[PDB]
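Step one of this worksheet: look at the structure below.
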Amino acid sequence: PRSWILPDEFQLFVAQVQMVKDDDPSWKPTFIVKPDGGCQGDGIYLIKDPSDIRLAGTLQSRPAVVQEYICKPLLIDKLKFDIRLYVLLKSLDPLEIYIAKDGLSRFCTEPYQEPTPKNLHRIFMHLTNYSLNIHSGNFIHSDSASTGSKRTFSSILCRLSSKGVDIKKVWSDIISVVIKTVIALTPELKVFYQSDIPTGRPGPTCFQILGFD
Amino acid sequence: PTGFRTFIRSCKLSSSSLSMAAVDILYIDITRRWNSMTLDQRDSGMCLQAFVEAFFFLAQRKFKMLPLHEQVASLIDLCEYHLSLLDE
Amino acid sequence: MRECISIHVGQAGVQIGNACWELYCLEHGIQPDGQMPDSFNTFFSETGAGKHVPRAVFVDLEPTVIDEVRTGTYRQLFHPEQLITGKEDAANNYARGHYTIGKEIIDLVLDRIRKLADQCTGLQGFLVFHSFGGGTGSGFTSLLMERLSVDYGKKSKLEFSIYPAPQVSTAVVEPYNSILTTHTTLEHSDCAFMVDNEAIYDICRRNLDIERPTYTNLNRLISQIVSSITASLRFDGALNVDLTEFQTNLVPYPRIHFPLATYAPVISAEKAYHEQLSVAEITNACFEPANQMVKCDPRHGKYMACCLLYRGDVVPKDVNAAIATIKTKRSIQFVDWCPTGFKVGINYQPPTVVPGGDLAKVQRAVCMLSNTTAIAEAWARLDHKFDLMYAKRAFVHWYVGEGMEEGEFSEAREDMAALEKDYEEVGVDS
Amino acid sequence: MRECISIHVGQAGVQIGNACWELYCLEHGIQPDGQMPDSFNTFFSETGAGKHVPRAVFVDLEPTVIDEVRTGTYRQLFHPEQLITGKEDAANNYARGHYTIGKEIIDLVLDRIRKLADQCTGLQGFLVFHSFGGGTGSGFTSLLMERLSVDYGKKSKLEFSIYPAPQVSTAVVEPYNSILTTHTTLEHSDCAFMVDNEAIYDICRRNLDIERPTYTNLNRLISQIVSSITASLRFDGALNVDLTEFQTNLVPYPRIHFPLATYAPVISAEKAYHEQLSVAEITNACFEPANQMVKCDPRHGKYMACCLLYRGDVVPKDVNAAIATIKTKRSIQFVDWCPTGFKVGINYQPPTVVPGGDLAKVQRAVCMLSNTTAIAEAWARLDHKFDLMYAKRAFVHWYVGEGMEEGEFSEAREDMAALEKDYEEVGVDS
Amino acid sequence: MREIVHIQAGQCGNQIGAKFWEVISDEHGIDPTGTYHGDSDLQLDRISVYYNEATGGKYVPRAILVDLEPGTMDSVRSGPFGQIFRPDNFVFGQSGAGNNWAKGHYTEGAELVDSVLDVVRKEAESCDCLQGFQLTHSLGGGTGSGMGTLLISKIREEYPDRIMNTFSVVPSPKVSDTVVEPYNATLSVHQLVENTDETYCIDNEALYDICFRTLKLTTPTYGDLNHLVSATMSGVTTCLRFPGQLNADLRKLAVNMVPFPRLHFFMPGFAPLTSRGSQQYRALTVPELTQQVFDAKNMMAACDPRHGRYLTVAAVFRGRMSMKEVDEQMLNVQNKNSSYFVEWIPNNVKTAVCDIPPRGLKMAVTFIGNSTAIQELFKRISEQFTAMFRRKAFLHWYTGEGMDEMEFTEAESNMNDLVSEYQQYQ
Ligand SMILES: CC(=O)O[C@H]1C(=O)[C@@]2(C)[C@H]([C@H](OC(=O)c3ccccc3)[C@]3(O)C[C@H](OC(=O)[C@H](O)[C@@H](NC(=O)c4ccccc4)c4ccccc4)C(C)=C1C3(C)C)[C@]1(OC(C)=O)CO[C@@H]1C[C@@H]2O
Ligand SMILES: Nc1nc2c(ncn2[C@@H]2O[C@H](COP(=O)(O)CP(=O)(O)OP(=O)(O)O)[C@@H](O)[C@H]2O)c(=O)[nH]1
Ligand SMILES: Nc1nc2c(ncn2[C@@H]2O[C@H](COP(=O)(O)CP(=O)(O)OP(=O)(O)O)[C@@H](O)[C@H]2O)c(=O)[nH]1
Ligand SMILES: Nc1nc2c(ncn2[C@@H]2O[C@H](COP(=O)(O)CP(=O)(O)OP(=O)(O)O)[C@@H](O)[C@H]2O)c(=O)[nH]1
Ligand SMILES: [Mg+2]
Ligand SMILES: [Mg+2]
Ligand SMILES: [Mg+2]
């Protein structure tokens, strides 16, 4: 989804929102603000207008990202869930990418509803972070791979196929977006590899395990 | 800046329309913009994204009235041809 | 209830303001410390202790020109916070004073200007003193003007500026800055008053008979003209020209607001005992090609509006006689659409003489303001210099480094060309 | 018959009290020996032989700060029983000031307070000066206020506190004490004015030009504010405001009693001879979001209520004109449910300038007690720091080891969050 | 009021304490004979913090001096300011316990610890309000490292509510004059971690570095090294004995230095140490003191702070400066070197100000720094210890002096746990 970098691109974000609103008065977007250095969902909040950005304080010097919020995800048991997939990058030259057949599906602890001004503050129904949902009273710890707030991605895929959904196409497009992210992100890694491990000098080989959300 | 000028002189992108002064002005403007963009204001030199912007501008200058995918790619092909001539 | 605020910006503005305020203090009897040993209300604000503080703010993006004011003779006169100074000089760069260094000092100047305006009930306009061909005087002046319209909209913005000479220059980057200041002096000003140093040098050499003059005499002449402009707001006389009547009688069309200033009874002490400086003589001396303070031939163009500000022992009948005889010679030709092109003001106060000056004591003086189409000749040479410099991109990297694009260069050149076209076309007859 | 009793706790409290009582002695005309060479029957009591004993108790947990007063300039001023000191300090520990050492010295302070309050006929209320993250100044103040409310209910208790600064801090355990002490401030004090050291440093640098200030200048500024508050009780004049009157007018709801203090004519005695301090000038300077004594900006808040206290040559006509002028401005905005958002007060006594100070002998001065919703920013900042430690459970073992349970921290956090939401909800529009 | 009882142990402890007592007596204005000859009314207000008033304007320190060799007692007694001490505070043995920690902790120390504790109780009970004790010793010998552990273990249970400091000298790898010395250190750190409120690591090689580099001293001696330790000792407790804008007692320093109970090892420093021919070329300001106070060159411990990150910083300034300048300087450090600071402690620096400066000087600071880099010292000793323990070396002495094999393993486990827990918060 389209993104803006604060505080550098705040004016561009405001101008774009204003122009689209003028073009479409019925347009009621929802944006999500996430800190660059923030992890585990800390500092991430939801806004409906560019003016809703908290621009008064000492915490605004940190760069942030404003992103178009996906207001309509798939819901399983009326709970919006995200998928953590483990991807192996074997080498940059030649490029080698491997994708695990199973992942971890993390579910929200509250029923999902479309973003409204009355439920923006409800982080449990809008954030799928495990560290944030674990403190909720509705979090369920289950040893089964198909129940609880944390499940296996293969189980979710097979439940989806039980409704007649082509899981092969789903897996194909997951593979496509994963490979697309890796190729989009590779060139800076080749630059960093050259900077840190110059050609002609002894050095170890490198690989990585990445968690795609 | 020496790297940019060597690149320009190697892939022969310079011509009557684009002289050395214009190349230097473009380099200075791009470097200043990308240094100011980052949180740290030193950024002594040019990162990769600024080089991507410069390559986009150069590809826009050449091969006019062409799609963007055809652009950049055409300039890459020309630069590779000139490099192959250079090493050969 | 007729207060005016002056904004001396840049080195040239500061050292013209020194002479301006010396002359003002002498005229109104104010000592260099602020105590008199009404008329003084336009330029001075009175406090409880009887101390008169000047109604002006000094701004420069460097200390070296202001500390002389703060440690000189007139050090107890100005408010300590009205002398605003920066830390790093603009280094003859428009972008330096408009985008990078001048952006850190604009807030203090705006706050002090708002503080000054809070003390005025009959505020009339602003008297911006600056100079083209300089980093601060071209960039910070633009920033200040732009924002002084966003804030005070209907107020007047009178501009006194120094223009580059035909062949006598100081910096190799003068055409760039002077072209870039065209936007601000065009669509953020009401009357742009221009003077170049070469013409005042010639005037000093011929009239006052000074072989090697310097900036002080030039600034004193500028102060005399500025005092003549506002001499009606403070003193009393027969015909009084207000600030708004001046520009409603001098500016024909909105974009044509670039008058020309002249001061006739410019004479040394020795050569004044022999010449009877009657009203006709000085009135004719105003209409002399070798007497204008911008190097341009007034016979190579039209005459649109004329304002004659008389001070001293001037009876209106003699003014009518001088105007009548002026409209007889064919060497001074006007525009057919202005059958009446003469505005007259008469005030009683004679001009004053500062100690250690180069101007003789006289009992009548005339300041002449002319809206002539001979300024395009001045702009054309500078435009040619700019094109020659810009054909091979020269010094442009300095401007681009501080945050300016080449679109600014192109647009400024186009704007100047359009203004020149407008001036050339307004001279046609129909 | 208009008596107030002063209490000063901790090093900050005692030093502020020194400044304040020197100011009162200079004002009413009392030598440091308590004997003059009426208006004093609110901070002083007269014995048989002309002595004037102040109505204040100095309490501290460590000997040095009080011992400085015991052997100093004002040695023969306080009844030595009124000077109270312990044996060991709280060591920046709220638990020590509340549960371990404060309870060991709570009897003497109450006995002396009773002895002082039995010597008065009508008691307006107590005054308490302290800190907010200091240990003794938090814990012992909490204990003292908790017992004072029980023993002297339905009686005013106004407190002046030094809230922790957003950036500079003199301690590492500051947020813990600050968060734990905002329960008696919320539920045991009838009013509370908080000042920030950083704001006073900025004010001293910008206004008084004091490059390197010490704590004495800050304390003198607080002394000026406190004298401004309790001026309609001692001296007479125009419209007079007592403690109950401005408490009613400035506290809309019982949970909102956190105003901000401002003193407009802060002049370095060298800018005084260059500007006039009219009623409009000082009234505008009070509302300027730079001359504020805490690090909050009203521009990101709404002005819930306003109290103005004028001293010197002030007439109601100028006050009304200035209030109207403030009303017209749209940059500063009030909430909607107070059409009349001001309570004004005029006194005749000019402010007193102490020797070796930083102020100037002005003719009129104004003190602003402004209730806005911007304070929610400041607490928030402090709030953040607090949890940034409590997540790692840092430095908690000290507080736990001195009779304080683990639940008090979370209780105070929840209380402070509730107060923040309460202050935010009143800013909504109808 | 708020008096401290001083204890010296070993040769290193006795010499450092003698220099310290000369320093404090000069500061408070005390004759070597024991009289007061000084020009100030503030030198005698809190004199009841180190001294006791005997008959006829005589002042006698606390100064419990202990040793198992009766040579250091004679060295201290016949020596500058050596009759200033009470005659019966000298508790001396008959043999210096060799270089054996077992001897001074189990056999020779046992027959003298009771004798010491009698005089310790006798002095303490003559105090209005005992703030605490402080011990100066070295962790490389038998008498020092054994007595300063046995005595501290029995002083802590007797007065659990008081304050206990220790200016210990941690053994250095390069400057080594003892063979069995690592053993002693490994057997002491684990008792200096649960029995003392504070502990200052004073490595000798850092003192030599300061003398060679900062002071341009060709030939330093032990007196020059002890001068710095005495300066830091005085700067730690100045706010208990002279007035200030922001006082900082020992307990106030403790409460905002140790985030957790066992993180009480610090790095000392003294701000204005310059030279003798560079003085004229310097200006005595707050910013320059803060610059020579936070450098990995003015630190009295041999571990680079750049290798770790500070958890907390103290700064007991002494002089008539301004508070705004101090606060501004502290905000610059933290903003400039952000990486060298724990993120979960905002404003890690705790400040203080005392008016009276040390004689001659018009401004000084004492920097106390809790840093994770201190773990280096421990991980530098353990390795050596292991190098000598896998092949049992010099262990017959300790084994025959009553100890058993398991104590060494327990001590190594405790020290390893301390290193790991200090690394946890990095
Ligand atoms: C040329 C000159 O001006 O000499 C000064 C002096 O200022 C210098 C040389 C002194 C001098 O110190 C040293 O030479 C020195 C040598 C080795 C190790 C440590 C110090 C001085 O000895 C130290 C002495 O300082 C004091 O008097 C302090 O009060 C100090 N006094 C003692 O330690 C002391 C105690 C008992 C008997 C004699 C001295 C002190 C410091 C902290 C707390 C209490 C007291 C002074 C002014 C000097 C000399 C004499 C050269 C310095 O002293 C200190 C530690 O502040 C070393 O760097 C500082 C500043 C100067 O460079
Ligand atoms: N007639 C006068 N011309 C002046 C005076 N001072 C400067 N100048 C002219 O101005 C030009 C130089 O520009 P300035 O140095 O005054 C401009 P400023 O100081 O504002 O720019 P920076 O160099 O960026 O500081 C040059 O033509 C000078 O002859 C003056 O007092 N009178
Ligand atoms: N504006 C002032 N703030 C002060 C002053 N003295 C201290 N303080 C502030 O107080 C805070 C430090 O805590 P205090 O000095 O109040 C400690 P207190 O004596 O109350 O308790 P103990 O810890 O038992 O000594 C910190 O915010 C200082 O800036 C002063 O004179 N003026
Ligand atoms: N700074 C000082 N370090 C010292 C001094 N004396 C010794 N040392 C250092 O400490 C170590 C030896 O300390 P000591 O001889 O005082 C140990 P102690 O006498 O307590 O042990 P025993 O051998 O059991 O008697 C060794 O590293 C020495 O270089 C001294 O006076 N000052
Ligand atoms: Mg200049
Ligand atoms: Mg205290
Ligand atoms: Mg020994």
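Residue numbers begin at 1 in each chain, while the letters A, B, ... track the order of the sequences. These values consider heavy atoms only, across backbone and side chains, with no hydrogens, waters or symmetry-generated copies. Heads up: this isn't the whole entry, just a piece of it, and contacts are only counted within that piece. Start at 1 and go down the list; that is how both ligands and their atoms are numbered.
Counting heavy-atom pairs under 4.5 Å, the chain with the most contacts to ligand 1 is listed in UniProt as Tubulin beta chain. Going through amphotericin B, lividomycin, quinupristin, velsecorat, Taxol, the drug at ligand 1 turns out to be Taxol. Other chains contributing a heavy atom less than 4.0 Å from an atom of Taxol: E. In this structure, the binding site of Taxol at 4.0 Å (heavy atoms) is formed by E:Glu22, E:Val23, E:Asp26, E:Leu215, E:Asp224, E:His227, E:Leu228, E:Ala231, E:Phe270, E:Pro272, E:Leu273, E:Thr274, E:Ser275, E:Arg276, E:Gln279, E:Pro358, E:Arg359, E:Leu361. Per UniProt, the GTP-binding residues of chain E include none within 4.0 Å of Taxol by heavy atom. Covalent attachment: none from Taxol to a chain.
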